[PDB]
*Asks:* 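One structure follows; several queries about it will come next.
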Amino acid sequence: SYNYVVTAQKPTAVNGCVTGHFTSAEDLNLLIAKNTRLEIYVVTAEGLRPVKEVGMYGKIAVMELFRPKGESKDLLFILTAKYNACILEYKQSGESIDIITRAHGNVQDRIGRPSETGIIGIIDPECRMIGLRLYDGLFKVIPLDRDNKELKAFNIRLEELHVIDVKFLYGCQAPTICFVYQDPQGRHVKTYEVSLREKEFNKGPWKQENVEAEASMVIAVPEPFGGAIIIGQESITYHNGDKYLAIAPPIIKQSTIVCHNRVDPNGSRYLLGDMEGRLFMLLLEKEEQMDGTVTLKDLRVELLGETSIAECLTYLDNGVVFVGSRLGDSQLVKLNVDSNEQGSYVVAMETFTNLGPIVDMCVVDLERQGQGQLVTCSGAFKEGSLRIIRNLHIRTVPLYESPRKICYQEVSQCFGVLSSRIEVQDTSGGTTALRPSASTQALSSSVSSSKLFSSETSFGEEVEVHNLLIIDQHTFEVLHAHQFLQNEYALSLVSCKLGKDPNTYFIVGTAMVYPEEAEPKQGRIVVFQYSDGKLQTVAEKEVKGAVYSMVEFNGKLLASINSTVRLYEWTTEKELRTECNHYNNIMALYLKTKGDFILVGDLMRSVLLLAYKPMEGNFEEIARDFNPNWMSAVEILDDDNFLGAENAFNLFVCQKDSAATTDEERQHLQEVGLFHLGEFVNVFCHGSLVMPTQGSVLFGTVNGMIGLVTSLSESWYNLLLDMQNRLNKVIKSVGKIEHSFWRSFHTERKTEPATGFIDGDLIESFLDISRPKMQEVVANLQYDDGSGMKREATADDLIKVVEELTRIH
Amino acid sequence: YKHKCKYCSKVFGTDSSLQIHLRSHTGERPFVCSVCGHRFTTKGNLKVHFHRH
Amino acid sequence: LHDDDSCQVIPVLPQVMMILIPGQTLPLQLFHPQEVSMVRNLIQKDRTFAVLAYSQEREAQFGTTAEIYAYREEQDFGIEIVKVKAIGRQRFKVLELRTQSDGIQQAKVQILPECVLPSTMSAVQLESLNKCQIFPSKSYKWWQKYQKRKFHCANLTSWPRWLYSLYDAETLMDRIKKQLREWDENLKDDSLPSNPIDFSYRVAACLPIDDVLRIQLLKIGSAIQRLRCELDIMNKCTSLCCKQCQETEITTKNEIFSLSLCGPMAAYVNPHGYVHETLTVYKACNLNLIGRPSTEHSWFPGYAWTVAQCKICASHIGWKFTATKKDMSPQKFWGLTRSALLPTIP
Ligand SMILES: Nc1cccc2c1C(=O)N([C@H]1CCC(=O)NC1=O)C2=O
Ligand SMILES: [Zn+2]
Ligand SMILES: [Zn+2]
Ligand SMILES: [Zn+2]
């Protein structure tokens, strides 16, 4: 089979933000990185004025601005996760806005272990070279000459393999690196001078024997001072030569500082963000001396207030900070001289919808219009939310805790959501909440009275408390919250009718997670009803393992328990009775169904096709395909084709073999499609957001992107594949990156060309080009219309075929 | 490969050296399984047991 | 080291009947001149030959290259006996085995690659917390921190951290090496490889498993899968039965212990060149002793052996050993041959 993949909603989470002068030398730009998108704004007095949005054929991994001597304005260096390096320039010709590629190249090395602390990309202050930390033991140096348009580079052998963070220092006689590494004898900071002449390392200005156990951040302090600030779990120190300061502010001991931003060019104020949303001001106390010098007297940290959980911060101007968020909405916040009555200098100005991460979703026709709305569990911790998405209208329902699974119960006209909040062990017996949240603020509440599990010592650490929430479908008010058993972990949730019972139930499958036990030996399948505003337990079945997955199966309840797939029957006495068991060697994580076929999958892309046999009351294994690789989600496209989401950000389709004469051939599922999506899919979902092609599968990803997969005719696939090669000859790609490279199936070890999949986003851009390029792509293109002869295609013919393909989302 | 001893299966270079040694296997149960060390009284007994390995 | 996915033609010694796992050593004793000259010509070119993993008859579908690293000549009693030690290297699937005039069958094999996978979190890890992916390493409260920090980003996927720990290599070995310390008191944490590839293969050669499970692990390419399958055998197949009659319990895993420095199951060689992977256990059941203890060629000096057989089918299962001095402990134990056993799940 042949498939078509299109973006219904672009990635919304922010993974980067730098400021500088990219568009005009005089303008102040804000540049935002959204996985495959780049956004440009100019900072105003009211807020942000949009300027230009683009997409790359890559995942943006390094985004930094720089200005080599003799340049009008700043240039843009971008490196993609597939190691496409490029330097871009802004070029506006009246109203023609264009991002031109001044230099570009691929920095990938065949040899080499990708580092544990990720791709690092730093540029020296004097814009003489681009430093790259790609692999353990090496350091890539791209020398910055106006005569290096191909980004040729070289490597320097790095002793000290496990490097945490590295930056170029300021005010140095030679380009100098400052980095924190870990070896057997503790964690240290060291400096290396970089010789672009000798292409190796020379001795560094200083090396500090030992530093904090968990020193994780290196900030290079600018030219007024020099040196570097290292930040850790409990301490903040300043190092330069023989000068040293160190503070251990108790105010930052409660969570980890994970991003920073320099406020002013002299480097005396920094913003620090931590993992829970606190925003701090790091201040460097300068001491003006009677000679010309300035000395640094002390360090001081002040808590500014709360924000979204920040992946990146960036100070704009006039007390306005941009908070870039992966787990919640991005913000513009305002800082005020005087803290308000509550003690916060922080005031919200603006929020930005971020759908990511989408951990679950479901399609509902609430408006009963035969339209359809997407309802997602998105965000984590205090950023957690439902989002109702419509044809694109986004409504938001704050939860202040992590939603995990969602399903719709039309009869009750409400939603049922499995949720997770963090509580901390109290000094009494129990555990007290971190903050008020949906779990704790319902209209009515309940706790499991089960006591099925009757035979540790928490200290002051975190525990997860899981709830089933009943959310009204019109107000989204939490109508009921049922708290599960202590140490019970709610995994699966389904709404359906069972057997000959006319009631619709919520069914929840769980696991009993104890920190001593590696694999779970105990779980529960609990049957809830919820009929008169109140939620009642209608029997519970104990099982000897984790109930990872559950499906309604033809009036019965199919379930995973560790490696077992089990079909359950609903008796007249309203309880679960096992019908049959199919024991697998793989752990049955994924469970999808279609008629009598059952798709089973584990985390390593082991794909299994069981079939229920009505005449024998048993399961029978039809076919299998094992291929060691991480799998994140999977779905049944039809009786013969299965779609999966595997590493790294790839989609795959396997199929039941039609060329099967031998019983060995019929028992192996062939791979028929490979594609680099660029996103990490958390959930597939059959459904459509609208009123040619066959089928409609939506999928949500971690970065909040929403995509659609549908299947085509062989006639249509062949034609659109010719178009892809033809549109790729006329569409200017930002980093001068080949589309066929970007969509190549990719592992850390393997790359194979994409196949059986058509890039719908590339297909739809046919409409946005002009008719000289338009008539250029159609030239000599034969087309399988109804007439059995294949005629040359007019472009006005092709506007009609693409305009129909846009109608699917 | 040449001149094997009927009891313990050890091979010798010449038939002279074989019967120099074959006088060592004098016992009530002389045939030895070249795998177990199990001992048997007849050649056939050892053959059957040897082929069950 | 051959190339990956490449095809090579490699000689096969016809006497060998052993499933060789990469890294495991294969001892040999050779009397026949064709094979003696065959070993001598190997100790010059590549030193590698192929060891087929038989399904038995002569039906083989995978195998392993083996590399000669030791060589000793004894010319006793007018017969040239050559003892050679080999070590297994690379796995392969057999394509054609053309038998040659002298005897040695040559093999066209496809060199199997070793599937290395990235961490299960490398796809989702937030760049702001890449700075935190390196831990000050080693307690069981320590392992509670390792999971909370290494899999923090599970909150971005539809699975918890404890499921991810079940596919974390580093966790799998700490669990496996927990039980190996139960079989070996002479076992330091440093005596075990640190690479997950090598570590899984060492565990493969150490478990007392029959050929079918030994072959099944060879077919497994990802180390993660190997480790989990190995940890599964260790947990479920607590009992060891007679492979012949299949229902007779000989011993259980609670009785496995290490007599020599070489672990609980080492490859010993009998006087006539037969190899025995001999698992040493404390107590054993359903066994008949044959003969009186002897010391000839006793693999454990100070002990006298006695042939042991199954009470039911009369198959060979191993030997009973007894102390010939008195100050020694254990005063008694059993050496069970691996080819005779069949792990089972009660
Ligand atoms: N003396 C003989 C003679 C024939 C076969 C064997 C032995 C002998 O000692 N072993 C084993 C079993 C007992 C032992 O510990 N070491 C061995 O070499 C044999 O297989
Ligand atoms: Zn003899
Ligand atoms: Zn025997
Ligand atoms: Zn038996």
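Every chain is numbered from 1, with letters handed out A, B, ... down the list of sequences. All ligand and atom numbering here is 1-based and tracks the order in the structure. Just so you know, these numbers use all the heavy atoms, side chains as well, and skip hydrogens, waters and symmetry mates.
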*Asks:* Give the name, as used in UniProt, of the chain with the most heavy-atom contacts to ligand 1.
*Replies:* Protein cereblon
*Asks:* Help me out - what's the drug at ligand 1 named?
*Replies:*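 It's recorded as S-pomalidomide.
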*Asks:* Hey, which other chains get a heavy atom under 4.0 Å from S-pomalidomide?
*Replies:*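 Other chains under 4.0 Å (heavy atoms): B, C.
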*Asks:* Could you help me figure out which residues touch S-pomalidomide at a heavy-atom cut-off of 4.0 Å?
*Replies:* B/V32, B/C33, B/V35, B/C36, B/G37, C/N270, C/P271, C/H272, C/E296, C/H297, C/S298, C/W299, C/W305, C/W319, C/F321
*Asks:* Identify which UniProt-listed Zn(2+)-binding residues in chain C lie under 4.0 Å from S-pomalidomide by heavy-atom distance.
*Replies:* none
*Asks:* Report the residue and atom in covalent bond with S-pomalidomide in the deposited model.
*Replies:*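 As deposited, there is no covalent site.
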*Asks:* What molecule name does the PDB attach to chain B?
*Replies:* Sal-like protein 4
*Asks:* So, going by heavy atoms and a 4.0 Å cut-off, which residues UniProt tags as (S)-thalidomide-binding in chain C does S-pomalidomide reach?
*Replies:*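 The UniProt-listed residues with a non-hydrogen atom that close: C/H297, C/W299, C/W305.
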*Asks:* I'm looking at S-pomalidomide in this structure - which UniProt domain of chain C has most of the contacts?
*Replies:* cult
